[PDB]
**Q** 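Structure with glibenclamide, see below.
All residue numbers refer to positions in the sequence shown, counting from 1. Numbering of ligands and ligand atoms starts at 1, following listing order. Side chains included, hydrogens not; waters and symmetry mates left out as well; all remaining heavy atoms used.
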Amino acid sequence: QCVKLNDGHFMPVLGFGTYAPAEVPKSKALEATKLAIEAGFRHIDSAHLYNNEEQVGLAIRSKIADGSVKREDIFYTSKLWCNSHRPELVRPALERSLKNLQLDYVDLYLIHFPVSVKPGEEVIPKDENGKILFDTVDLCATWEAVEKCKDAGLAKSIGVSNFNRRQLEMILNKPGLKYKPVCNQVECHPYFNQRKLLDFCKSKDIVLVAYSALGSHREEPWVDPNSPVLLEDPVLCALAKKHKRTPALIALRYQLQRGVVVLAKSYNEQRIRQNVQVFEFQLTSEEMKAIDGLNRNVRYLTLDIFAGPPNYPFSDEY
Ligand SMILES: NC(=O)c1ccc[n+]([C@@H]2O[C@H](COP(=O)([O-])OP(=O)(O)OC[C@H]3O[C@@H](n4cnc5c(N)ncnc54)[C@H](OP(=O)(O)O)[C@@H]3O)[C@@H](O)[C@H]2O)c1
Ligand SMILES: COc1ccc(Cl)cc1C(=O)NCCc1ccc(S(=O)(=O)NC(=O)NC2CCCCC2)cc1
């Protein structure tokens, strides 16, 4: 189930998505993650932003106490939110995520999003006129404090999320660079297959990590509800009939076959169990290219509110 990272560590190819909109009680974060560990997920993806590291952490700690796993067997990811991009604030944010988790280390720590916001207790601080209180932080600086987190052994591996190509290049080109990003976690599914970005990532030994791989939570205002529903796709449905699987499984399996590490969120016990069956069938080259034909360039997570500053990552082609 694993891919070797460029820092020598191993990342399982299928990960469990822990985000659910806040209308869903956080108690389900805990139940769901235990079920995911139980169903066989070994890679668990969260963030400070998701406001669930207490529950996800307990979940993980719970499955260790009952003997179902040891900590060595779990790959846990957290992410540095945008109000702690200032170097001095990077270590304390990771430490805060760990105290909440009640874990000594994270397996992977990402720069969640490349646009910095004003420090403070507000998640997305805005003025009363209109806009987000953007901050001026050198990402190359932010990264260096992220590397210090690897040196301190708080994070076993480090990487980025929602970086475009120039931003990845930027880190690669940085004088003094200690560690490459192990990964770039981005939106990827058959309506936005990220081919160019995926190729660039492979040409530089960076794991692309597909999120919203099942077509997103569709939570407003983060997703246009007029957007097409990925899992209703006729071809994904056909391939599912043909393989006696589901459109979800087709869509997950697509990513495994093109060397993409794939996340799937589910709080449903059935669909949690179903999702691990990505390791029990496979697609033909002809099928896989059928799925390449589904490319719509429909980006579910535009993150428009962050547009404006130069580091808004989706202005560039890729
Ligand atoms: N910037 C970032 O780094 C970023 C951005 C977005 C997401 N993420 C990460 O990616 C994870 C997942 O992304 P996401 O939640 O946006 O979308 P997603 O996992 O692609 O889509 C999940 C949706 O599909 C449903 N589902 C799951 N399994 C299914 C199946 N077998 N059949 C039918 N439906 C199924 C889920 O519902 P049920 O729960 O009802 O089953 C949920 O509504 C998040 O938890 C987070 O960890 C990261
Ligand atoms: C302004 O809001 C808040 C104010 C107060 C509190 Cl108490 C919580 C929030 C909050 O939590 N609001 C974000 C809600 C949210 C979380 C996860 C997802 S997600 O798409 O599943 N995962 C991601 O990382 N999404 C993106 C990536 C980076 C840019 C923005 C988040 C989608 C949306």
**Q** Where, by number or letter, can glibenclamide be found in the structure?
**A**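 It's found at ligand 2.
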**Q** In this entry, what is the main binding partner of glibenclamide (ligand 2), named as in UniProt?
**A**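 Per UniProt, the chief partner is Aldo-keto reductase family 1 member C1.
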**Q** Report yes if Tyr50 has an N/O atom closer than 3.5 Å to an N/O atom of glibenclamide (ligand 2); otherwise report no.
**A**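 N/O-N/O distance under 3.5 Å: yes.
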**Q** Return the UniProt-listed substrate-binding residues of chain A that have heavy atoms within 4.0 Å of glibenclamide (ligand 2).
**A**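 The UniProt substrate-binding residues passing the heavy-atom test: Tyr19, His112, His217, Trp222.
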**Q** When you measure from atom 11 (O) of glibenclamide (ligand 2) to each heavy atom in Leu49, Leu301, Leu303, which option holds the nearest one?
**A**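 Shortest heavy-atom distance from atom 11 (O) of glibenclamide (ligand 2): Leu49.
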**Q** Organism of origin for chain A, per the PDB?
**A**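 The deposit lists Homo sapiens.
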**Q** Note down any other ligand or ion with an atom under 4.0 Å from glibenclamide (ligand 2).
**A**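 Within less than 4.0 Å, you get ligand 1 (NADP nicotinamide-adenine-dinucleotide phosphate).
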**Q** Pick out, from the UniProt NADP(+)-binding residues of chain A, those with a heavy atom under 4.0 Å from glibenclamide (ligand 2).
**A**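 Among UniProt's NADP(+) binders, a heavy atom under 4.0 Å is found in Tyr19, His217.
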**Q** Of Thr18, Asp45, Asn51, which has the heavy atom at the shortest distance from atom 7 (Cl) of glibenclamide (ligand 2)?
**A**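 Looking at heavy atoms only, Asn51 sits closest to atom 7 (Cl) of glibenclamide (ligand 2).
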**Q** Backbone, side chain, both or neither: what part of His112 comes under 4.0 angstrom of glibenclamide (ligand 2), heavy atoms only?
**A**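 For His112, the contact with glibenclamide (ligand 2) is made by the side chain alone.
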**Q** Closest UniProt active-site residue of chain A to glibenclamide (ligand 2), and its minimal non-hydrogen distance to 1 Å?
**A**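 In chain A, the nearest UniProt active-site residue by heavy atoms is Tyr50, 3 Å.
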**Q** Quick one: which of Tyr211, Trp222, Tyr19 has a heavy atom closest to atom 17 (C) of glibenclamide (ligand 2)?
**A**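 Result: the heavy atom closest to atom 17 (C) of glibenclamide (ligand 2) is in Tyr19.
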**Q** Tell me, which protein residue and heavy-atom name are nearest atom 9 (C) of glibenclamide (ligand 2), and how many Å apart are they?
**A**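 I find the closest protein heavy atom is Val123 CG1, 4.3 Å.
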**Q** What do we get for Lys265 next to glibenclamide (ligand 2) when only non-hydrogen atoms under 4.0 Å count, side chain, backbone, both or neither?
**A**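 No part of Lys265 comes within reach of glibenclamide (ligand 2).
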**Q** For the 3.5 Å polar cut-off, considering only N or O atoms, please tell me whether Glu219 and glibenclamide (ligand 2) meet it.
**A**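 No, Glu219 has no N/O under 3.5 Å of an N/O on glibenclamide (ligand 2).
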**Q** For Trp81, is the nearest heavy atom under 4.0 Å from an atom of glibenclamide (ligand 2)?
**A**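 Under 4.0 Å: yes for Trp81.
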**Q** Could you help me out with the residues around glibenclamide (ligand 2)? Anything with a heavy atom closer than 4.0 Å counts.
**A**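 The heavy-atom site around glibenclamide (ligand 2) is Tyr19, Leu49, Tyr50, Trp81, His112, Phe113, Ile124, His217, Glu219, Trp222, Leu301, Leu303, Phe306.
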